[PDB]
J.: 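This file holds Transcriptional regulator qacR with proflavine bound.
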Number of protein chains: 2
Amino acid sequence: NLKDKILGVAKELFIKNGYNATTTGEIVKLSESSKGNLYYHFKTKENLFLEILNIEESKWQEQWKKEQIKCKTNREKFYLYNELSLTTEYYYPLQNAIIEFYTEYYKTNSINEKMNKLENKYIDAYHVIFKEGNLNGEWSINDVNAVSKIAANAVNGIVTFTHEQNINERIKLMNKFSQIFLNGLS
Amino acid sequence: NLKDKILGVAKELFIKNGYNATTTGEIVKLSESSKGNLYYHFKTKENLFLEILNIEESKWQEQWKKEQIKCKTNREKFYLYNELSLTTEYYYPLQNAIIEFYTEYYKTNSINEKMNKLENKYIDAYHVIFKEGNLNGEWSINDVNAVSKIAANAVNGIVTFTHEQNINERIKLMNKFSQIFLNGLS
Ligand SMILES: Nc1ccc2cc3ccc(N)cc3nc2c1
C-alpha cells in the first residue's frame, strides 16, 4: 500500500527517535513518496502523527476486548488492563513522542481538542470497567469519569516511567497499584 | 565557582533555547571559561546537563524539607507533595529542556543509569512519608519501597498526561487520587 506504508514508516521513526527528531524528509527516503503525497491524506505533520495515535489507540482497544474475556469480574478486568498495558505493542510505546509533541504544540489551539477527543478513547476502558462494576455491585463509584481519568493517567505513568527495570518488576508493581487503587474505591 | 558560573550560565541557556539548541561554545564564552575547563568538569554536554538536574533535585529537596513543616501528619504530607508536584511543573523553567533531554537520551544505559539515581531521589520523599507514616500508625505498609515507587510514578503520570485540562480540574483530580490511594492502604 502507500497511504498505509507511510503511516507505518512514521510510527517506527516516531518510536525509535522522537516526534521532532523524525522529519517528513526522513519518512520519505524509507517510504518512497513525493513530499506532496504526504499532503493530501495528511495535512500537517501533527496530522500524520495525530493520525497514528488514533490507529494505535484503536488497535489497542481492540486487542483488549478480544482479551478481557479472560477476566470474569471487572475487578479482574481492571487488574488485567493495567498488566496488559505493560506488554502490548500498541499506543503506549508512543507515550514518549506524545509527551514531546504536546510540548511543541500546546501553544496552538487545534491541540487541546484532538489531544482531548482522543483522551475519551484512552479512558473509555476504565469508564466501562468502572460503570459496569457499579452496575454489578463490585464497588460504588460516584465520580466515574474522575476515577477513570485518574486511573488511566496513573497507569500510563507506571507503564511509562519505569520503562527499563526488568519487565517482571513492572508487572509486580502494576498489580500492587491495581490492588491499592481498588481497595481505595470501596 | 567558575564551575558554578558554568552551571549557572548553562542552566539559563538551557531554559531559553532548550537542550539540543544550546552549544558548549555559548556556555564557554558566556561563562568566560574554556572548552578545556568545561571538559574537565563535565566531559560532555549531556553530563553537564545531568549535573544541573542534580543541583535542581537538591534545591527541590531543600525546598520540600521546608515546605513540609506545613503538613503536620504524613497523610497531609502525601496530599501536599502531590499537589506541589503538579502545580510547580506548570511553571518549571527547565521542564522543556528536560523533556527534550529524556526523549532523546533514554536509550543510552550510562545516561539512563544516572537518571535513575536521580529519579530515586525523588522517590525517597515518598519513601520517607510512608516509613514515617508507619511509625505513627497513620497506615500500615510492609512494602514501603513498592508503594513509594508506585505513588511516584502514578503521580507523575497524573502530572504529565493531563496538561489539556484547566489547572483547577487537575488539582481536583490529583487530590482525589491522593484520597483513593491513601484510602486503599487500610
Ligand atoms: N528530572 C527532573 C530532575 C530534577 C527536577 C527538579 C525539579 C524541581 C522543581 C520542579 N518543579 C520540577 C522539577 N523537576 C525535575 C525533574
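Convention: sequence-line order gives letters A, B, ...; per-chain numbering from 1. When a ligand or atom number is given, it counts from 1 through the structure's own listing order. The figures here come from the full heavy-atom set of this structure, side chains too, leaving out hydrogens, waters and symmetry mates.
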J.: Which of the ligands or chains here are copies of proflavine?
T.: ligand 1
J.: Write down the other chains contacting proflavine, where contact means heavy atoms under 4.0 Å apart.
T.: B
J.: Report the binding site of proflavine using a heavy-atom cut-off of 4.0 Å.
T.: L53(B), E56(B), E57(B), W60(B), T88(B), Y92(B), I98(B), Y102(B)
J.: Do you know the source organism the PDB entry gives for chain B?
T.: Staphylococcus aureus
